[PDB]
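We name chains A, B, ... by the order of the sequence lines, and we start the count at 1 in each one. Order of appearance sets the numbers: ligands from 1, and atoms from 1 within every ligand. Method reported for this entry: X-ray crystallography, 1.9 Å. Atoms considered below: every heavy atom in the structure, side chains included; atoms not considered: hydrogens, waters and symmetry mates.
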Number of protein chains: 2
Amino acid sequence: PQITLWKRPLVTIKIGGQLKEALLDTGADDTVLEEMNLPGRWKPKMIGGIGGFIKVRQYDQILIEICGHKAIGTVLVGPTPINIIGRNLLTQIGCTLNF
Amino acid sequence: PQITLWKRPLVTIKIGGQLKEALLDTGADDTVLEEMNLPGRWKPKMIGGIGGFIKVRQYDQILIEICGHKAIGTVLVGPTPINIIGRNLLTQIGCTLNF
Ligand SMILES: CC(C)CN(C[C@@H](O)[C@H](Cc1ccccc1)NC(=O)O[C@H]1CO[C@H]2OCC[C@H]21)S(=O)(=O)c1ccc(N)cc1
């Protein structure tokens with residue numbers, strides 16, 4: 001499909017058997033999701049943007065479905081104000097910018 | 001053009017008669033540029049990102065050309081980690097997400 005940018009590009013995703021709303025974000029290197037209790041091991045990480053850095057938990061090879069498009073890759077989990085789908089997964093669903 | 005997301009979607013912009021590199025950022029409502037000298041009046045504003053809130057200078061009705069496409073809109077100037085082009089200007093150049 002095609003998504004215009006008049007409003008925030010929020011879409012439904014499926015992760016760990018849960019449906020959430022997330023932002024398709026070309027400015028995010030990696031996917032970061034609001035606090036959630038995923039199982040498995042993880043690695044500490046810090047990611048930075050406007051305002052500074054937050055601490056997150058890095059989970060690897062996590063399956064996520066974005067608009068019915070399946071993907072698998074790194075998912076960060078932490079106190080982000082919003083669920084963010086980053087380039088690491090946007091590439092996997094064939095997402096491009098067009099103008 | 002069609003821009004894939006394996007690398008950061010960095011493009012050259014022209015603002016205040018000066019060339020700069022900036023990130024096309026569909027997750028940003030607004031356009032935020034690193035510290036620079038812009039002519040005309042400005043108002044102090046606050047904006048929040050993943051790590052909290054920063055103080056910025058708001059310039060309205062600024063001419064800015066993004067990858068050969070002209071836009072006239074609001075540009076925030078402050079301590080952002082990188083020049084980001086947000087939806088307020090992405091809409092003006094006709095940018096959409098496609099997958
Ligand atoms: C600043 C960018 C280089 C990086 N950011 C993605 C960006 O899209 C954020 C994503 C974002 C969106 C909402 C809230 C927090 C973060 N947007 C943002 O900061 O925009 C601000 C300017 O316009 C306003 O609209 C949104 C917030 C303001 S980030 O959220 O900090 C980020 C950094 C690293 C990763 N792996 C994932 C995300």
* To do: Identify the drug located at ligand 1.
  =>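 It's darunavir.
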* Asked: Going by the PDB entry, what is the chain that binds darunavir (ligand 1) with the most atom pairs under 4.5 Å called?
  ->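 Per the PDB entry, the chief partner is Protease.
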* For darunavir (ligand 1), which other chains fall inside a heavy-atom cut-off of 4.0 Å? ->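 Non-hydrogen contacts: A, B.
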* Going by the PDB entry, what is the biological origin of chain B? ->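 Per the PDB, the source organism is Human immunodeficiency virus 1.
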* Would you kindly specify which portion of B:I82 sits under 4.0 Å from darunavir (ligand 1), judged on non-hydrogen atoms: side chain, backbone, both or neither? =>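 Within the 4.0 Å criterion, B:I82 contacts darunavir (ligand 1) through side-chain atoms alone.
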* Asked: Short N/O distance, under 3.5 Å, between A:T31 and darunavir (ligand 1)?
  ->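 No, A:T31 has no N/O under 3.5 Å of an N/O on darunavir (ligand 1).
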* Please indicate whether any nitrogen or oxygen in B:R8 is less than 3.5 Å from any nitrogen or oxygen in darunavir (ligand 1). =>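 Between B:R8 and darunavir (ligand 1) (N or O atoms, distance only) the closest approach is not under 3.5 Å.
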* Asked: Nearest non-hydrogen atom to atom 22 (C) of darunavir (ligand 1) belongs to which of A:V32, B:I50, B:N88, B:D30?
  ->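 Answer by nearest heavy atom: B:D30.
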* **Atoms of darunavir (ligand 1), numbered as shown, that sit under 4.0 Å from any heavy atom of A:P81** =>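 Every atom of darunavir (ligand 1) under 4.0 Å from some heavy atom of A:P81: 14 (C), 15 (C).
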* Should you measure from each heavy atom of A:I84, which atoms of darunavir (ligand 1) turn up under 4.0 Å away? ->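 Close to A:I84: 10 (C), 30 (O).
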* Of the listed options A:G27, B:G86, B:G48, closest to atom 21 (C) of darunavir (ligand 1) (non-hydrogen atoms) ->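 That would be B:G48.
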